[PDB]
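Below is one structure, written out as structure tokens; the observations come after it.
We count residues from 1, following the sequence as given. Method on record in the header is X-ray crystallography, 2.2 Å. Just the heavy atoms: all of them, side chains too, but no hydrogens, waters or symmetry mates, feed the values below. In each ligand, atom 1 is the first atom listed, and ligand 1 is the first ligand listed.
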Amino acid sequence: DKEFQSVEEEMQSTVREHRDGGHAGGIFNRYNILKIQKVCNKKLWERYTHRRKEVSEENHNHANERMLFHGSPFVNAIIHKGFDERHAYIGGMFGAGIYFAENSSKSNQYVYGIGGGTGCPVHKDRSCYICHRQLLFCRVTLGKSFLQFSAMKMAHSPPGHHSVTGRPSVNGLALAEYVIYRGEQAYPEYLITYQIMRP
Ligand SMILES: NC(=O)c1ccc(I)c([N+](=O)[O-])c1
Ligand SMILES: NC(=O)c1ccc(I)c([N+](=O)[O-])c1
Ligand SMILES: NC(=O)c1ccc(I)c([N+](=O)[O-])c1
Ligand SMILES: [Zn+2]
């Protein structure tokens, strides 16, 4: 209903023009939203809320929950098993965490692998306008989030913190990114099936 409409609006309005000129994610200004499904995995939801309650107790009764995008070739494993820090992006700017973006076009750069990988499996095109892509729109508990501008290779959250917020800087980050170090600190709420569209 209006629930899915607000997801599509969030998806469309957070697109940015990327500095790599579309190298990783493709050349587009909008998507063709094909499908939006709400993921209902009861064991995952309980694992997520149990940790959410715990983080709230450690952050002045505030979870600091945000709706953030995740792009990955492992969407199906995430949907069934949940996010898993044992599969963290080690090559990441903030070390061994699970990365999220508030810009859908940033998470779109990661759907086929790091830097878009080799693109779609059928045409090997990072800018494929034919193949259907999937992105997750997630509930992410940031708790007490550590604000950082430069690269900091963490294995875990910094002491007394529950996440890292990568803020844009000149050297530096173009857009924000959010890093959790425990899989249970995110729930894959919505599965968005989409195509990027030729401008
Ligand atoms: N997707 C959700 O926000 C959500 C809310 C409540 C539940 I009980 C579940 N669930 O996956 O079982 C999901
Ligand atoms: N790399 C993998 O085989 C893999 C398995 C499970 C997961 I939850 C992930 N993951 O990075 O989302 C990756
Ligand atoms: N490991 C991933 O799939 C991944 C890595 C970095 C990022 I910035 C994202 N992301 O969706 O924002 C995902
Ligand atoms: Zn393709």
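For ligand 2, the correct pick from clavulanic acid, esketamine, dimethyl fumarate, iniparib is iniparib.
Of the chains in this structure, the chief binding partner of iniparib (ligand 2) is, as UniProt puts it, Poly [ADP-ribose] polymerase tankyrase-2.
Other ligands and ions less than 4.0 Å away from iniparib (ligand 2) are, by number and name, none.
For iniparib (ligand 2), the atoms lying closer than 4.0 Å to a non-hydrogen atom of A77 are 6 (C), 7 (C).
Most of the residues of chain A within contact distance of iniparib (ligand 2) belong to the UniProt domain PARP catalytic. With ligand atoms numbered from 1 in the order given, iniparib (ligand 2) contributes 8 (I) to contacts under 4.0 Å with heavy atoms of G82. Taking atom 11 (O) of iniparib (ligand 2) as the reference point, the nearest protein heavy-atom neighbour is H87 CB, 3.3 Å. If you check which protein heavy atom lies closest to atom 12 (O) of iniparib (ligand 2), you get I78 CG1, 3.2 Å.
Heavy-atom contacts of iniparib (ligand 2) within 4.0 Å involve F74, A77, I78, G82, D84, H87.
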